[PDB]
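Record below includes ertapenem (bound form).
Throughout, residue positions are numbered sequentially from 1 according to the sequence presented. Counting starts at 1 for both ligands and their atoms, in listed order. Below, each value reflects all heavy atoms present in this structure, side chains not excepted, and no hydrogens, waters or symmetry copies. Per the header: X-ray crystallography, 1.6 Å.
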Amino acid sequence: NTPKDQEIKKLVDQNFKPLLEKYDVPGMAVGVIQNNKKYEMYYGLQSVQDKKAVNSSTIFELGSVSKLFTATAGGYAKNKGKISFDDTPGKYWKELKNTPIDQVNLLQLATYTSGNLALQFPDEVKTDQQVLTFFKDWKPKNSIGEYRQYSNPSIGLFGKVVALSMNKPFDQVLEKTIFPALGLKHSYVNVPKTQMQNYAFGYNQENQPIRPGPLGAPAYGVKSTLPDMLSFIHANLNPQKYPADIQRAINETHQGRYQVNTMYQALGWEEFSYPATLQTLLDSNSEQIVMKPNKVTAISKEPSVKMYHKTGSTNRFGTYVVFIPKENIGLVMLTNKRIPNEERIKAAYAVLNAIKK
Ligand SMILES: *C(=O)[C@@H]([C@@H]1NC(C(=O)O)=C(S[C@@H]2CN[C@H](C(=O)Nc3cccc(C(=O)O)c3)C2)[C@@H]1C)[C@@H](C)O
């Protein structure tokens, strides 16, 4: 293998491989893209009971990293004139017209600032009918637009509206329009039966395989392979190489919309001035930032040099993605067991700080 192949292999063995034994993770896939060259590393088992090893065809649940595709879909619809970010959801979901949630605009939904949407729906909201009822019954609390609270319902409503604006269901927005535009071959909202042998099992804290809520797809419902996620990073590092409609979509997800301490909220992606200190990257996943409302501040001028990342999990999968435009580099980690977000962020910080230019 090439000297770079061996260097990156050593850095990933040094920084990511020990995490498998440390947290009893059955399988992991780690990818690096640098200067348009992709490097794939696979460890362990996609399914413990089948002794099937993780490989380039293994499909992982991306969990909350799915929001990056919802963001891209929204950027796509906005730049085709199908929505404006100043629109409100009742323009598209007519049953929300003349309700209080129709006072929140689409950008505020996409970036979690409605002022009264928590991490998850209430436990009793279990069906699509009940989701619509929930949004009709919704009342504001904190001043609309002023407080960020990370929220699956919030970006789920944004995704539902994006789909309505494109006259197709959300799963078709991704599987027929967005994934093909990005060149992805094995990314899914619904994994077909022909791929089930490649669909990894996820493992809980007792290392047992389990296998969603309503309106979940835009918030946490995408599945993908390591080669597809490296392709997605390639698109984010080189949007100018893609046709205009998806190029504009991608660029839209890189624009910071407001600031919370050292973090800038873009669409889906979290944005930081580059270089970001390790503490800044860790702070973005603190309990205060992730679970509580935080007052936003308007951006004076966007940082001159930027980097981006996103964590995400399900109860049984973990994901991390990060990229640095100036260095033409990015990294993806997929696991079929959760590990602490700080471990994912620290390991990727070590690798990207050590790789030779
Ligand atoms: C991300 O979008 C995804 C969450 N991310 C993470 C993570 O650690 O990266 C977790 S971890 C853990 C698993 N389930 C918990 C959860 O969802 N908490 C929660 C908070 C408030 C209400 C409820 C509820 O009523 O169900 C649950 C956190 C998690 C997978 C989720 C938000 O989709």
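Going by the PDB entry, the chain with the most contacts to ertapenem (bound form, ligand 1) here is Beta-lactamase. Within the deposited model, the covalent partner of ertapenem (bound form, ligand 1) is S64 OG. Taking distance alone, with nitrogen or oxygen atoms compared against 3.5 Å, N315 approaches ertapenem (bound form, ligand 1) more closely than that limit. Within the 4.0 angstrom cut-off, atom 12 (C) of ertapenem (bound form, ligand 1) has no protein heavy-atom neighbours. Ranking the protein heavy atoms by distance from atom 1 (C) of ertapenem (bound form, ligand 1) puts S64 OG, 1.4 Å first.
For a threshold of 3.5 Å applied to N or O pairs, the pair formed by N341 and ertapenem (bound form, ligand 1) contains at least one separation below that value. For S313, a nitrogen or oxygen atom sits less than 3.5 Å from a nitrogen or oxygen atom of ertapenem (bound form, ligand 1), counting backbone and side chain alike. For atom 15 (C) of ertapenem (bound form, ligand 1), the nearest protein heavy atom lies 4.0 Å or farther away.
In summary, the atoms of ertapenem (bound form, ligand 1) found under 4.0 Å from a heavy atom of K67, numbered by their order in the structure, are 2 (O). Protein heavy atom closest to atom 33 (O) of ertapenem (bound form, ligand 1), with residue, atom name and distance, is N152 ND2, 2.8 Å.
The nearest heavy-atom contact from the protein to atom 20 (C) of ertapenem (bound form, ligand 1) is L119 CD2, 3.4 Å. Contacts between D123 and ertapenem (bound form, ligand 1), counted as non-hydrogen atom pairs separated by less than 4.0 Å, involve the side chain only.
Shortest contact from atom 17 (O) of ertapenem (bound form, ligand 1) to any protein heavy atom: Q120 NE2, 3.0 Å.
Binding site of ertapenem (bound form, ligand 1), heavy atoms within 4.0 Å: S64, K67, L119, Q120, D123, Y150, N152, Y220, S313, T314, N315, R338, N341.
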